[PDB]
Amino acid sequence: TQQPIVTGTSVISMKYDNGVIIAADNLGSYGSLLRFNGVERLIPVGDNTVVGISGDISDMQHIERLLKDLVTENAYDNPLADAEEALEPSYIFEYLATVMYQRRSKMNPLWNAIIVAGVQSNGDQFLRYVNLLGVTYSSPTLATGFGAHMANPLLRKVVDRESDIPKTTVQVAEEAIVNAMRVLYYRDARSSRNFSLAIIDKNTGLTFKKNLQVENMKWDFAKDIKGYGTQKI
Amino acid sequence: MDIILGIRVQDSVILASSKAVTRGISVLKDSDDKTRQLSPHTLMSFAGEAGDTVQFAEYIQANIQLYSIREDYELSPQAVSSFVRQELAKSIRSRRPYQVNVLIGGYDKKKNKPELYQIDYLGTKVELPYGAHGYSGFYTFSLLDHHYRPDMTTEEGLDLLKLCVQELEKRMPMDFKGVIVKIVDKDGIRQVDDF
Amino acid sequence: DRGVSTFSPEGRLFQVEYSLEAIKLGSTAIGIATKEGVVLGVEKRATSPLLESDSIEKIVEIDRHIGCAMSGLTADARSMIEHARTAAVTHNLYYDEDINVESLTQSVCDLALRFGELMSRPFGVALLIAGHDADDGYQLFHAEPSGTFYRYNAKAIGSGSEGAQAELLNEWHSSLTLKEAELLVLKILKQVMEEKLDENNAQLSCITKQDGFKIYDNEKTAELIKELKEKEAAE
Amino acid sequence: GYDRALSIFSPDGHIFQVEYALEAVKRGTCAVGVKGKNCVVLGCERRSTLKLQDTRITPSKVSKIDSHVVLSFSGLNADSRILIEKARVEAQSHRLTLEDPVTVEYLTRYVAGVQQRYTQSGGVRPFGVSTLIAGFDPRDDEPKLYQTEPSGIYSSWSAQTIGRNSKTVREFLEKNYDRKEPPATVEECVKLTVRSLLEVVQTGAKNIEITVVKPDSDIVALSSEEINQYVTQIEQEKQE
Amino acid sequence: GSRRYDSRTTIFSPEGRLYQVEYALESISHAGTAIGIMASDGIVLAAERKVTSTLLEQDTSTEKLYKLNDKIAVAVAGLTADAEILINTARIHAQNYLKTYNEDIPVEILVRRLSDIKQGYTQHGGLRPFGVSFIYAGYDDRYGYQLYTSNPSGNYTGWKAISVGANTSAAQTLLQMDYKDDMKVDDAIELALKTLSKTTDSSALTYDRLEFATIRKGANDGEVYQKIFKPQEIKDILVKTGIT
Amino acid sequence: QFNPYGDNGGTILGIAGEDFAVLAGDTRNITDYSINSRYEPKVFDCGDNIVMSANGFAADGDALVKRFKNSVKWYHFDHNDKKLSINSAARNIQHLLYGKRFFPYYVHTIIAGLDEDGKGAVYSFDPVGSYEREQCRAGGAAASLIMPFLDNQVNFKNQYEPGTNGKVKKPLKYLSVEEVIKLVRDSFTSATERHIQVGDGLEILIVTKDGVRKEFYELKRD
Amino acid sequence: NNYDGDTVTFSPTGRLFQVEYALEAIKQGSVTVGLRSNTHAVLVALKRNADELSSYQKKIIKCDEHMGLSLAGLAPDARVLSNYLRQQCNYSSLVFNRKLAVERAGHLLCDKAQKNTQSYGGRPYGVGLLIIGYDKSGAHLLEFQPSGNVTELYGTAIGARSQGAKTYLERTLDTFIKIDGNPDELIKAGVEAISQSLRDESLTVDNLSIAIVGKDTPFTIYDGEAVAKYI
Amino acid sequence: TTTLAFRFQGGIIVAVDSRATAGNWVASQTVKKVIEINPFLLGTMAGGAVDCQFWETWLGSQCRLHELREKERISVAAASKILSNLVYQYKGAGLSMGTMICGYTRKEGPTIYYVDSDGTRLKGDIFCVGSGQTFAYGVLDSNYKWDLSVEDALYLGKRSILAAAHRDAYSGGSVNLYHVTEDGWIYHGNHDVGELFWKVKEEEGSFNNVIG
Ligand SMILES: *[B]([O])([O])[C]([C][C]([C])[C])[N]C(=O)[C]([C]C1=[C][C]=[C][C]=[C]1)[N]C(=O)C1=[C]N=[C][C]=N1
Ligand SMILES: [Mg+2]
Ligand SMILES: [Mg+2]
Ligand SMILES: [Mg+2]
């Protein structure tokens with residue numbers, strides 16, 4: 001049993017017709033202090049998987065090393081390491097999901113919420129969640145922390161059920177993700193303007209976008225707001 | 001369990017022990033014998049936490065019986081009491097201590113003397129003319145302080161014991177359903193069937 | 001000296017092969033499987049007339065649906081029986097059912113090769129494990145100290161084994177009755193035994209679906225011996 | 001730990017260490033067991049090479065395992081103590097858990113199991129001891145007499161002997177013991193036990209020990225004079 | 001592997017003997033003779049030191065007679081270093097028994113314990129046995145004065161008079177000849193020294209070649225006194241008995 | 001302080017027919033007042049014509065089902081591809097659950113299938129492994145809403161025959177698979193209305209001698 | 001000679017005799033054949049009986065839904081090794097939700113057998129195994145030797161008189177590799193291959209044991225009247 | 001829970017209720033609170049459902065192993081002590097059990113042992129265990145005799161459970177009756193309290209408080 005120290009906030013994601021999108025801001029908070037402004041919380045594994053991690057950053061860095069080590073280990077005595085026997089999103093997830101549940105069972109959890117986004121060998125979209133308790137679930141849209149409360153409602157308006165996935169293009173999906181990130185910046189007191197976004201498409205592969213910023217923000221209306229009720233000046 | 005008494009007279013040791021076994025709300029049994037014969041001339045009564053009492057008593061009994069067979073010889077009451085004390089003194093610093101208090105009444109055939117030892121769950125041993133565990137002593141020690149004379153006969157000891165049990169039956173809140181009395185002397189151990 | 005788990009140049013474990021020699025010195029045990037039941041019979045072979053022969057326990061119950069006969073260093077069998085009994089009962093506890101005779105035999109045979117430098121040597125005893133289950137019906141297995149077990153329609157182990165096996169070769173057919181099998185075990189035991197066969201120096205047993213495993217009384221076996229004598233004198 | 005396999009099979013299918021343990025038993029002083037109709041008697045040889053002995057304190061050959069069961073032996077004396085101790089512990093353990101004393105068969109089965117375990121355990125040699133275990137089951141008047149040996153096999157006997165010159169006394173018992181009518185009384189049973197030892201012992205003085213066990217934990221060891229009276233009566237009848 | 005070099009100390013011969021025990025007994029047969037004699041009013045322990053030197057500091061020397069507790073003592077025959085290992089174990093066992101039962105350990109119980117330890121080295125562990133034979137001289141309130149002996153096999157027996165070490169055959173014959181049941185300590189002292197004087201491989205028996213001890217109820221009233229004799233006291237008793 | 005347990009909501013329902021058995025369960029997965037997934041399968045085909053669901057804390061539920069499926073696999077290896085009977089599966093599950101008696105699988109387990117006589121069977125478990133064969137059992141969040149309805153409409157409790165006035169009970173006539181599915185659907189529709197953790201979808205697994213069939217129905221998504 | 005007392009001793013020519021003696025136990029074992037195409041992999045095993053009353057010793061063991069082997073030599077050693085494979089296949093499924101690769105299964109067997117050849121006290125395994133399987137890279141056939149050497153092959157045979165079946169497969173290489181989408185013809189070629197290792201005895205109904213795995217075919221074993229079709 | 005067992009002329013009567021609760025929620029009305037350990041031994045269940053179940057069917061495995069090893073039926077004393085010694089090892093861990101081990105043997109006759117998760121093991125003639133034990137005791141103690149017929153003894157046990165089923169909120173459902181002799185136990189049916197109450201009320205003239 002511990003307490004999280006340096007923490008990362010929401011990770012948001014959704015499926016679309018040819019793949020999956022995942023995003024997370026670049027902040028490492030130290031309680032109310034916005035301590036570290038250059039933290040990458042999307043960690044790619046091969047060219048077909050991206051693992052988005054929230055929660056404790058020291059435990060994230062530990063998980064990052066496990067995944068790095070997993071790639072190394074898979075390559076050993078494996079002539080098809082970059083082909084048929086390459087790591088799948090489903091393999092990477094189940095490994096993490098095993099570790100998370102084992103650690104919670106020893107009463108010493110990795111204090112994280114993880115979303116594994118990727119595309120399988122057969123072109124199928126993979127998107128599944130796991131957290132410090134070993135709880136796992138899948139959905140057309142997945143989000144951690146504040147994202148669960150604010151992003152999911154917006155993303156579910158695009159893909160409300162399974163049959164909406166083929167009808168959703170990458171442009172519409174990315175637009176929804178970027179809007180959700182803006183909303184989180186308005187409303188999450190432990191978020192940052194700077195974020196990373198990753199697209200895993202079955203045709204165009206892995207596109208990893210760094211140094212994105214929340215833009216087109218509405219603040220002008222603030223000038224008209226005066227006092228807390230009766231004040232006019 | 002509740003009330004266990006002991007009194008050492010001229011030529012014997014007398015142990016009285018309640019018959020009631022109460023588990024919270026109800027009295028499950030009114031004929032329970034809270035004692036074990038460790039050897040032909042050594043008797044141990046006991047009272048404490050449920051389960052622990054019998055488990056401990058039978059464990060001690062087995063060990064003394066083992067000794068008796070190995071050496072073809074009966075340990076002195078003093079020796080047995082010292083063995084018991086060590087087990088409890090070992091027990092008190094265990095993961096889960098034996099929560100048992102005991103009285104060891106024996107007749108030493110070598111010295112031709114009755115002997116009564118009082119040992120609590122901490123391993124606190126004392127040799128006494130008369131003893132008790134729990135709240136029994138609070139009522140009975142005053143009577144015994146007054147009446148006990150060390151040259152008493154076994155019949156006088158039983159009468160003094162009746163006076164103790166009567167006082168307990170008058171002033172104690174719990175109904176302990178009377179006592180089973182046992183006498184330990186040169187001829188061994190016997191039970192007084194009418195008390 | 002040399003390792004306990006050493007291979008010979010022929011590709012056999014020395015100690016396993018030597019334990020098989022000890023089993024050849026053991027008293028004869030015979031098993032016959034039929035569609036009406038499996039019969040198990042043994043030679044008691046008391047070393048002296050003062051030895052109370054009914055204390056010789058070379059046929060043993062593992063469960064209600066599984067029996068066992070032994071041959072060789074019979075003292076070694078006790079831990080094998082204990083394991084078998086525990087395996088049978090434990091499986092009933094985990095699965096609320098009887099354990100398959102093959103599965104029981106496999107569990108016993110797993111102990112066999114757990115020796116090295118675990119126990120210091122292989123078992124010096126062979127077992128005939130007979131039983132019944134719903135899936136494969138009446139079965140007879142021969143469990144060796146090599147860890148190998150063969151299923152048999154009929155089998156003889158011990159000192160008079162190859163002579164008895166040749167006799168079982170001719171006599172066994174798939175339509176044998178239980179009564180016919182009982183007499184057949186008695187017939188072959190009488191053939192290979194040194195001393196004259198009677199109810200005190202030979203013991204019978206069987207396993208049926210209805211009644212389960214039963215060791216025969218000396219009075220019951222005595223009648224089957226008398227029935228045998230008359231039918232051999234009949235031609 | 002020392003794990004060396006000492007007891008192992010030989011090409012002819014023998015475990016020599018177990019068989020050499022039997023040779024140690026052959027060397028040991030003779031011990032005999034005879035059961036009557038309502039009693040069992042255990043006779044034991046004391047070699048008279050050792051005089052100036054203190055017979056009060058010298059370990060007696062017959063040992064009580066419980067108040068109703070006894071154990072005598074032939075072979076290595078030091079080894080026998082280990083078996084007796086284990087047996088006594090198991091006897092008390094059985095009373096503690098089953099709330100009933102051991103049967104003579106159960107106690108024998110335990111001791112035999114210990115002996116067997118030492119024939120296929122690493123780093124240990126077999127016990128150089130064969131035992132005669134005798135007594136009466138709780139609330140039972142049927143006499144019991146069992147024998148064990150280093151290999152771990154055990155069995156029940158109407159009468160049996162072990163140790164040096166046991167071949168001779170077994171010869172005697174085989175012709176003199178009738179199963180249809182065993183020694184009806186204590187006297188007859190003790191007499192037959194002393195007679196059987198007199199075939200081997202040498203002098204009937206302090207060389208014969210006799211222990212009589214009767215039902216309901218009634219065990220007593222005969223004294224020198226009591227045994228000497230049997231020795232006297234046997235030879236006076238023999239002079240004819 | 002290592003098997004190649006294993007002597008196998010705990011095995012039977014074809015005849016059913018324990019090789020190492022037999023060879024340990026052969027070792028002990030060359031050790032200085034030790035004699036124990038039990039009387040009605042006490043026990044005597046006499047023992048011969050092995051070919052000493054004039055430059056050996058005798059008054060601070062101890063190779064034969066050791067104290068286990070106030071009631072029990074032992075005479076050693078064999079490897080002294082081996083004996084001290086067992087002696088320290090025995091001393092602890094006596095103290096464990098005292099702490100547990102608050103009574104001095106009965107002699108036989110102590111003897112059985114040491115003998116069981118010796119036995120263990122003959123049956124398991126693959127180690128050599130202790131090349132030691134003890135004579136236990138002790139007293140308790142059950143059996144009174146007791147003499148025992150134990151050897152590397154772990155077998156022990158009780159005695160009225162007994163010898164261990166060298167020339168036990170000759171020594172035991174002499175004891176068997178002159179020993180009587182109604183004997184007293186002063187007489188037993190004389191018998192012990194006379195026996196050593198005849199069985200010794202030395203030219204003459206002197207004070208500097210002896211260790212001597214008595215366990216007497218010759219202590220003021222109902223109690224027991226151990227007396228480990230000093231060099232001068234051994235010299236006096238040698239003159240008294242008429243050996244020097 | 002770290003709390004190793006959580007509540008993923010949901011509700012399950014097992015009903016044993018005369019020659020069939022059904023095991024139903026909603027597809028909603030939640031924490032607190034949030035929906036994790038509107039379709040997260042909860043009832044699983046474990047092979048050997050046995051269906052299983054471990055409702056409550058989903059991580060412990062998934063772990064248990066995973067370990068039982070594993071137990072079925074090793075039962076085939078160790079016992080010559082023998083079919084694991086529903087009663088034997090039930091006893092095996094008791095030991096799985098009790099193995100963690102002092103750190104329990106925080107779930108309400110139900111299995112369904114056919115007994116060795118071919119009749120419908122449902123077994124129910126508590127978190128620590130106590131079990132019992134039943135004709136009817138609801139488990140999970142809305143179990144308190146559903147069970148009374150099933151006592152009334154499956155076992156005809158408190159129902160009597162008109163005209164007799166309490167003297168003659170309503171006879172316990174058997175229910176068809178079509179009749180059971182109606183009661184299952186009405187149970188979950190009703191449970192969805194009054195329980196916030198129940199909704200989104202209903203997935204029913206039907207077990208007969210022919211095998212395991214699936215049926216899915218929409219539930220209210222509020 | 002002097003260097004065959006244990007597995008920890010090289011001979012002067014650099015040989016490990018205990019390993020070679022373990023290899024000898026395989027040659028005494030009954031013949032078994034393995035072969036594959038691009039779609040399916042087949043095991044064929046000649047089972048051996050003790051006598052006419054006895055059963056025929058089982059030769060084929062299932063490790064997973066997509067993998068299994070046939071044995072030749074000490075059967076208990078095959079049980080130990082097949083159990084290990086079952087566990088490794090199972091660990092791969094539970095932890096990684098991934099069917100174990102047949103090549104990786106061979107690597108694991110090699111390393112397990114190796115530890116027994118370098119350490120004192122233990123002994124080499126006394127059995128040879130033919131592992132077939134269908135994974136993400138198609139059909140596979142492995143040959144395991146208890147020296148540790150594992151080899152991926154198109155076809156092979158181990159046991160007594162296995163050289164006859166091995167030569168046949170070496171001739172038929174170009175034919176049977178092309179038998180795609182036809183299990184019965186691939187088994188026929190396997191039954192015809194194992195027939196080249198027979199003397200005196202012939203393939204009967206309780207003598208023959210066949211197993212197959214493929215694209216849409218779980219590892220299944222055929223015994224009894226199920227193989228009468230191929231006799 | 002209400003369970004009772006009492007010795008009498010015709011052997012032993014064992015009677016139990018059927019209810020299982022989780023708080024105020026009635027979890028089951030059809031619970032088997034009597035374990036058939038073998039054809040001669042019965043065990044009653046009270047307290048934690050699983051603890052009682054698991055360890056009493058385990059007890060049956062230990063009893064079976066005993067009679068395989070000793071070629072003799074296990075005594076009620078030995079069987080009860082196996083269970084009490086087992087739970088004593090777990091003492092403090094939080095096991096929750098109140099059990100009667102009931103049986104007949106030649107050497108003992110009809111015997112009942114109260115075994116307890118605190119380690120208590122008591123031999124006796126009458127025992128009532130569970131939340132509704134006090135209610136059952138009232139009926140039993142006022143109507144008990146050694147000289148009862150198997151028929152009358154069975155009814156007294158049935159009636160004593162009914163008494164507790166009525167008053168104790170955590171008891172009810174139905175009554176399971178057993179009768180233990182020297183040829184084994186004999187089941188005497190499941191008796192629904194919903195029908196038994198009105199039957200007993202009418203025939204016996206009791207429960208005049210309640211309106212029917
Ligand atoms: B009885 O009321 O003690 C009963 C006996 C048990 C064998 C079924 N126990 C229970 O009902 C307990 C709760 C309880 C109530 C009153 C006293 C003691 C205990 N219930 C459970 O153990 C349980 C098990 N599974 C589901 C629900 N409840
Ligand atoms: Mg005190
Ligand atoms: Mg809502
Ligand atoms: Mg009520």
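Within every chain, numbering begins at 1; the chains are lettered A, B, ... in the order of the sequence lines, protein sequences first and strands thereafter. All ligand and atom numbering here is 1-based and tracks the order in the structure. The analysis underlying the following values was restricted to heavy atoms, covering all of them including side chains, and did not include hydrogens, waters or symmetry mates. Only a part of the entry is shown; contacts are counted within it. Per the header: X-ray crystallography, 2.9 Å.
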Say which drug appears at ligand 1.
bortezomib (bound form)
List the macromolecule sharing the largest contact count with bortezomib (bound form), named according to UniProt.
Proteasome subunit beta type-5
What chains, other than any belonging to the drug, come within less than 4.0 Å of bortezomib (bound form), counting only non-hydrogen atoms?
F, H
Which of the bortezomib-binding residues UniProt records for chain H come closer than 4.0 Å to bortezomib (bound form), counting heavy atoms only?
H:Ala49
Indicate the covalent partner of bortezomib (bound form) (residue plus atom), or none if absent.
H:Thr1 OG1
What is the nearest residue to bortezomib (bound form) among those UniProt marks as active site in chain H, and what is the least heavy-atom distance to 1 Å?
H:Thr1, 1 Å
Tell me the name listed for chain F in the PDB entry.
Proteasome subunit beta type-6
In this structure, which residues build the binding site of bortezomib (bound form) when a heavy-atom cut-off of 4.0 Å is applied?
F:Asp126, F:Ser130, H:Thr1, H:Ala20, H:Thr21, H:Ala27, H:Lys33, H:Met45, H:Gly47, H:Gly48, H:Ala49, H:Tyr170
